[PDB]
**Q** 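Structure: Basic phospholipase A2 VRV-PL-VIIIa in complex with nimesulide.
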Amino acid sequence: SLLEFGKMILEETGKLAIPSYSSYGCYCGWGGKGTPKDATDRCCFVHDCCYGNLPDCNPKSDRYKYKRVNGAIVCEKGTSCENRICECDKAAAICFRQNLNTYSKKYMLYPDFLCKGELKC
Ligand SMILES: COc1ccc2c(c1)c(CC(=O)O)c(C)n2C(=O)c1ccc(Cl)cc1
Ligand SMILES: CS(=O)(=O)Nc1ccc([N+](=O)[O-])cc1Oc1ccccc1
């Protein structure tokens with residue numbers, strides 16, 4: 001569920017998923033199309049890409065459980081949809097953490113028309 005992801009995001013970056021990440025660039029939050037504007041945007045692209053490999057799971061509403069082993073995010077055994085979802089979120093969390101230094105606010109609330117071009121996952 002978005003609950004676990006959002007929390008994972010906040011612990012990791014200290015920023016709130018909504019709104020620091022729900023509308024960022026071309027891929028954070030909406031998905032659809034375009035060329036990721038930047039590293040964080042790529043994190044969302046590869047994320048939207050991750051959920052794409054689980055066609056029969058429900059990322060937004062299926063709740064999984066994780067723990068921190070000293071700072072590490074550790075997904076706990078759950079259904080397999082739950083496990084594979086959790087891994088996809090950990091990546092994003094990490095990825096965001098790895099590029100906070102270039103998170104730019106000129107991408108917050110980015111208008112859709114500026115998002116065009118192709119990208120295949
Ligand atoms: C390309 O990226 C995707 C693909 C599928 C997705 C999502 C994002 C999100 C999250 C979102 O992008 O809001 C949800 C909840 N998806 C599904 O549950 C889903 C369920 C049935 C089918 Cl047939 C296809 C997808
Ligand atoms: C997945 S969505 O429909 O594209 N919108 C949405 C996007 C991201 C997040 N979130 O917490 O990262 C939360 C989101 O939706 C919420 C809005 C209000 C309260 C809880 C979740």
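Positions are given from 1, in the same order as the sequence printed here. Counting starts at 1 for both ligands and their atoms, in listed order.
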**Q** What are all the ligands or chains assigned to nimesulide?
**A** ligand 2
**Q** With a non-hydrogen cut-off of 4.0 Å, what is the binding site of nimesulide (ligand 2)?
**A** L2, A17, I18, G29, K60
**Q** Which Ca(2+)-binding residues that UniProt annotates in chain A are found with a heavy atom under 4.0 Å from nimesulide (ligand 2)?
**A** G29
**Q** Which residue from the UniProt active-site annotation for chain A is closest to nimesulide (ligand 2), and what is the minimum heavy-atom distance to 1 Å?
**A** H47, 8 Å
